[PDB]
Amino acid sequence: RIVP
Amino acid sequence: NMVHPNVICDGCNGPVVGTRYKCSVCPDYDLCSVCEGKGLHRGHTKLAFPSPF
Amino acid sequence: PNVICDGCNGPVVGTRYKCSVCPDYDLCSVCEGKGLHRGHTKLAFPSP
Ligand SMILES: [Zn+2]
Ligand SMILES: [Zn+2]
Ligand SMILES: [Zn+2]
Ligand SMILES: [Zn+2]
């Protein structure tokens, strides 16, 4: 997943 | 091996260092090479990105 | 369907790692683990  | 920035593994919750196994089907699912090697999420086609750039 | 690993020339069972650049190139999960052909992005395909 992306943790932006 | 490089860190893929802002990417967390959905198998082990660690960082993704070296090759990033990004699912092509799911919107937002990724495996580090250890979780890929253990056979997590093998029902879906993925892109294997050896480095971020 | 006759898929042979271009790393070790063994069989490709479970996940097939097809190079996205080099036309007719594939790796087993072991050769992928070992980090052969690591310059190229691959498509990972589930085996039947
Ligand atoms: Zn992991
Ligand atoms: Zn998926
Ligand atoms: Zn290639
Ligand atoms: Zn092989």
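The order of the sequence lines fixes the chain letters, beginning with A. Numbering of chain A is taken from the PDB entry, so the residues present carry the numbers 1-4, in order. The numbering of chain B matches the PDB entry: 120-172, in order. The PDB entry numbering applies to chain C: residues 124-171, in that order. In what follows, every heavy atom counts, from backbone to side chain, and hydrogens, waters and symmetry copies are set aside.
The drug seen at chain A is recorded under the name dusquetide.
Ranked by contacts, the chain bound most extensively to dusquetide is, in the PDB entry, Sequestosome-1.
Other chains having non-hydrogen atoms less than 4.5 Å from dusquetide: B. Judged by heavy-atom distance, the UniProt Zn(2+)-binding residues in chain B that approach dusquetide within 4.5 Å amount to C128(B).
The deposit names the source of chain B as Homo sapiens. Binding site of dusquetide at 4.5 Å, heavy atoms: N125(B), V126(B), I127(B), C128(B), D129(B), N132(B), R139(B), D147(B), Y148(B), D149(B). Listed by chain and number, residues of dusquetide in heavy-atom contact with chain B under 4.5 Å are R1(A), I2(A), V3(A). This PDB entry labels chain A with the name Dusquetide.
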